[PDB]
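Drug present: JMB2002.
Chain naming here is simple, since letters A, B, ... match the order of the sequence lines and numbering starts at 1 in each. Displayed portion only: the contact tally does not extend beyond what is shown. Per the header of the entry, the method used was electron microscopy, 2.9 Å.
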Amino acid sequence: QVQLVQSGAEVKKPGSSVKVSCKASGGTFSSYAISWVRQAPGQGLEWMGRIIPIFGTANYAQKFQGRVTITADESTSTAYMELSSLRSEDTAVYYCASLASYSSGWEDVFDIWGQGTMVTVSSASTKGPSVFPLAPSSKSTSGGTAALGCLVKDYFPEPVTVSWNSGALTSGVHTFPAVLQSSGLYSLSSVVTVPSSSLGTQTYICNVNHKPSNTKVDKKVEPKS
Amino acid sequence: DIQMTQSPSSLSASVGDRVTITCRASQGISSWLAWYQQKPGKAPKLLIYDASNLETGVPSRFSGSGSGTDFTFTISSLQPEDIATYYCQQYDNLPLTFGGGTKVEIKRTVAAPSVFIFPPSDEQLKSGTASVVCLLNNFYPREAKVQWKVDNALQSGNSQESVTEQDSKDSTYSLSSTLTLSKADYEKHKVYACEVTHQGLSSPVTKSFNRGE
Amino acid sequence: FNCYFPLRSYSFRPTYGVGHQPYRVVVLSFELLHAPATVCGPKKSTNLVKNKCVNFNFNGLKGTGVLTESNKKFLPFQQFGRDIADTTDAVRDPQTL
Amino acid sequence: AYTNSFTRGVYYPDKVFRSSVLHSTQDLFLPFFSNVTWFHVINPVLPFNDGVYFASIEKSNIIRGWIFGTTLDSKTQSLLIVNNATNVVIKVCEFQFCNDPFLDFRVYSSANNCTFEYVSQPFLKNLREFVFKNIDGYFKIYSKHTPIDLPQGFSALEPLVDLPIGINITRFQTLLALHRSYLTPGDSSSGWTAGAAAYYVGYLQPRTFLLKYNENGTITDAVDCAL
Amino acid sequence: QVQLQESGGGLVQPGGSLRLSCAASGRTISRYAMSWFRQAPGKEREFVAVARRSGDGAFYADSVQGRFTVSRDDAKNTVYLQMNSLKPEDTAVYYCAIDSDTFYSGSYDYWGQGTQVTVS
Ligand SMILES: *[C@@H]1O[C@H](CO)[C@@H](O)[C@H](O)[C@H]1NC(C)=O
Ligand SMILES: *[C@@H]1O[C@H](CO)[C@@H](O)[C@H](O)[C@H]1NC(C)=O
Ligand SMILES: *[C@@H]1O[C@H](CO)[C@@H](O)[C@H](O)[C@H]1NC(C)=O
Ligand SMILES: *[C@@H]1O[C@H](CO)[C@@H](O)[C@H](O)[C@H]1NC(C)=O
């Protein structure tokens, strides 16, 4: 088997330089090759460079030549990429790929990635989310059912997990993608639906965990009549 | 440099229907063109690397052909788990160029949205900011008008929207919008409302709440 | 010390001369010992005519004579017919049967 | 169990059309009135001498194919013949085979890395005949099918296939496809209340036969010169 | 306003085929997708078919997709819907509607007028 292991979340100010890693394992390291790719929240793919660690040869895209460098060392069994002139547009998910397609008739296409590293470039600073619940009214019920939820605001940096703590209580839970404020802070929304026989009395509690610092935040939602 | 395009940009068909797509490139070639199966934020799966060629492990469910500047890519059958975006890639030369994408999804009968609105709370207003959310749940089409009607008057240019992908379990789709205001502008008005109209709905729907209650 | 790269890339480009261009080459090897020969080169190289003397070859069967349409009913698996004392009376056409 | 073979077992020797002619042919033939091995399928490994004559009578296609080889194992070359629902598949594989190959699970072989492959149309209360010869560097097959113990009526076998394989064949076995049986080779000859089906095995010998050709080039009678 | 009305329909024998016609005037027809709707006697409304500019075939509902076909004429504002091998189930009142939103992907049910179609 062949596998790739990537680092955790990394963030830096604009105009800086950053180091990233891609740990390779399994089989023989000398027979593998590594490539790097970037994936935004819906923009097209970008390919940074390519290296053959056994032989040390590398090449680049015109967009990233000069400003980016790759080094890989067998002894540490990981591949490295060097980045410079970071800017806000670099905020995306950064992936490392293995190009095994060079020695068996399969040519110049990857078939293995790691777990992917999310990256962000902003002037903000790390801090936890701000959460506030809402109070639906009984007159607002629809078809004998109602919904409750929470909004997550003012957290940085990502990734962020928004959910309800545990159990089947999560029935009818529904969440939507994140948005980024002009101040440099992320946001999220969540909702859960409840029938008449369980709304209010169930005492629903929304939860958030800012795993870059592993800070847990929770809040209660209460209807009214 | 090499540039390419894909047409059409989106496909919709029922479960088990045949699907086909085509990709165009700048220069005429007969090999060294690839195809990919990609989903939002997920890893592509390789199906074709050279014109009409595939590896061990590629399912027989995919195929491709063509010559010159136009190459076709066909899928024998569609299922809900296949909701993804097909892509063409080319590597005759080092400046690898990647396709414009073609969405593929599931056709279904019209589903009426479940409509609800999301009035503010006190802790929200104490921060100086005000916002309200209007949600449409499990409706088929890509968008349905979510109109803010503060004081029974239409509003525009002051809301944010978020979107979900098609639900593979039942091929439905959801949408919502979020109004934003300051507490002063919030209290300048008295009645809040959101209106929804939809293809499967009998008539326009209005949901509202008031500052005095 | 050196730890060289055992392979190398041709890096073909227009600036290179004919001695450094991508010749796609195929080479064939053949075997002939203990041969129930399954591979044969020559094609049909065939022509036909009837009602006059002609030297004829039918998958071999070298002979001379005049060929005319027959009325004998050959079985599907039979190729050539013989009269009394093994005289080749009729032959099935390899192409038209 | 043994039973006598009637004039059955003759075949067209040399693909040459002859009409109203008596031809003295010296080839491998099944001697007239020879006692032949009789088995009930309602499949042991049997020696493959200079020739083998095979026949079967059944209504639900229990007999489905044959298998041959020098050692009849992966240690050397081997040949397989099997009839599918719509096609007959032939391969010379040297594969390792099951103790009692059963087809339904497809319990036929343990491993296959074949070298020669071929496919053609299928063979199809009904009486079936097969003959196998290996005089030259090829494997020859003859067969015939008629509606219907071996009847006393006459029948001449027509050539069916002439495979260009020069492997050593000394042992052979028959494939069975009863309605139900175990999915593993750990047992044999059990699994269902199969109907009345049986097959016969007869061995050819060097013999001189006088074959009678009618006006249409079909063999209608034969004489065994040593009987 | 976006006025629209039908023509045709009426009485036909079961198992036959007939054409339903719908037309408009005084306004541009291209900037909206043109759809169709159905109501069985006393039953709720139900979408039938719709046509678009690109001409990439059409879109239909479950009850009508495998039997019926739809078409439109952008240069004359005339749109048509085909009925094939009518059955007792399809005896109903049909509506001609505009997907009343400029160059829009979805649709909004603005039915202009309707007529009855019945099987003898
Ligand atoms: C050979 O080709 C000719 C012309 O197509 C055809 O008439 C004839 O039947 C063919 N014979 C065989 C044996 O394929
Ligand atoms: C085939 O091989 C077996 C096993 O080696 C041997 O006993 C037999 O004599 C061989 N037959 C021929 C015809 O060579
Ligand atoms: C297949 O297996 C046999 C052993 O049964 C071996 O001798 C042979 O080299 C293998 N490969 C081929 C192509 O026969
Ligand atoms: C030869 O075949 C024809 C046609 O089937 C038949 O009429 C004739 O009787 C046959 N010849 C003999 C000797 O039976």
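The parts of the structure that belong to JMB2002 are chains A and B.
Within 4.5 Å of JMB2002, most heavy-atom pairs belong to the chain that the PDB entry identifies as Anti-Fab nanobody.
Counting only non-hydrogen atoms, chains lying under 4.5 Å from JMB2002: C, E. In this structure, residues within 4.5 Å of JMB2002 (heavy atoms) are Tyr4(C), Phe5(C), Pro6(C), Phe37(E), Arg45(E), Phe47(E), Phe59(E), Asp62(E), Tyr104(E), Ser105(E), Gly106(E), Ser107(E), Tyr108(E), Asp109(E), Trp111(E). In this PDB deposit, the label for chain C reads Spike glycoprotein.
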